[PDB]
Amino acid sequence: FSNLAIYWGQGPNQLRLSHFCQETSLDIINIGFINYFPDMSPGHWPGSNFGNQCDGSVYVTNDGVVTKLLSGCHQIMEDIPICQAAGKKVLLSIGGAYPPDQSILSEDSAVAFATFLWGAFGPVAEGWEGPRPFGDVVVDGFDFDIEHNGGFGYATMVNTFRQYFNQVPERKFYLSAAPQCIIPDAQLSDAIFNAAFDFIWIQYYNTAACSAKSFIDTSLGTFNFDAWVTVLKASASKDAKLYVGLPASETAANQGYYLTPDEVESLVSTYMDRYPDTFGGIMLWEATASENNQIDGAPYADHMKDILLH
Ligand SMILES: CC(=O)Nc1nnc(S(N)(=O)=O)s1
């Protein structure tokens, strides 16, 4: 079967992560966001935000400098294991919408960024004397939701993560990317060409030229999933599965990009049929919008899984 991914962490008044860990239909949950990068953040540690989650406390560096990395995410720490017990993959997402001034400035800081995240969030290692924001929890991988400021250093980060993954062959870890629909994508086409992602979720909303809506109304633009299949072929991500990223309600993205379940089926059955090896499934922005959009007594994400399984 194909997979259903969804982001969580940035939903206004979102329910805690375990609620979605309890939702059968979800296969992958991207937790957003590591939103502050080491080159420009306080203390030069990565920083995090998970909306209404965590108690507000932050770590400080060895020299007393206040960071933006949250240290009291009790609920998330408790909930991730529930997701993984139910068979789900939990990916920690890097970037997100806010703030808009974060980037990577050198290959060195790229390596060091991924090293830091691997130590903080990957396997517990005796040689690590740094922060463990989710304690003994080990995430299943990293998602690159780079929304601003170009594509420097993300390839190096992915390559560094892979190297670290390969030193733990008894466990599988995953790398993913969320480019927008226009090729080249200013943030992620470089990483996609130069480094290997397992999953790539194209955000099929907010860009008129190629949106999922233009599949339904072809006067709007041209849905370009075919082009994304072609562009993988020269890339180091040539074996990536491609997912159709969609808004989970009317108000989750810009006006006019939401599709009804029936509209999604028409798109998905066409493309699932056309690319049975490359089509990975659906990505949803995002969990709260899905949960609040109840259709026939079930949230949007459940109807998305129906379409993928039917
Ligand atoms: C993966 C993903 O979609 N990330 C997003 N970040 N901001 C979005 S928004 N508010 O412009 O619709 S979507």
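Just so it is clear, chain A uses the PDB entry numbers, and the residues here are 28-337, in order. What you see below is based on every heavy atom in this structure, not just the backbone, and it leaves out hydrogens, waters and symmetry mates. Heads up, header says this was done by X-ray crystallography, 2.0 Å. Just so you know, ligand 1 is whichever comes first in the structure, and atom 1 is the first atom listed for that ligand.
According to the PDB, the drug located at ligand 1 is acetazolamide. Lab note: most contacts to acetazolamide come from the chain the PDB entry lists as class III chitinase chia1.
Note: no N/O pair closer than 3.5 Å links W312 and acetazolamide by distance alone.
Only the side chain of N233 comes within 4.0 Å of acetazolamide, counting heavy atoms alone; its backbone N, CA, C and O stay farther away. Between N281 and acetazolamide, not a single N/O pair is under 3.5 Å apart. Per the PDB record, the organism listed against chain A is Aspergillus fumigatus. Of the protein's non-hydrogen atoms, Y232 OH, 2.2 Å is the one closest to atom 3 (O) of acetazolamide. Counting heavy atoms under 4.0 Å from acetazolamide, residue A279 touches it through the backbone alone.
Scanning the protein for heavy atoms near atom 5 (C) of acetazolamide, the closest one is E174 OE2, 3.3 Å. Contacts between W228 and acetazolamide below 4.0 angstrom, taking non-hydrogen atoms only, are absent altogether.
Neighbouring residues of acetazolamide under 4.0 Å (non-hydrogen atoms) are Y34, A124, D172, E174, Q230, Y232, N233, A279, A280, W312.
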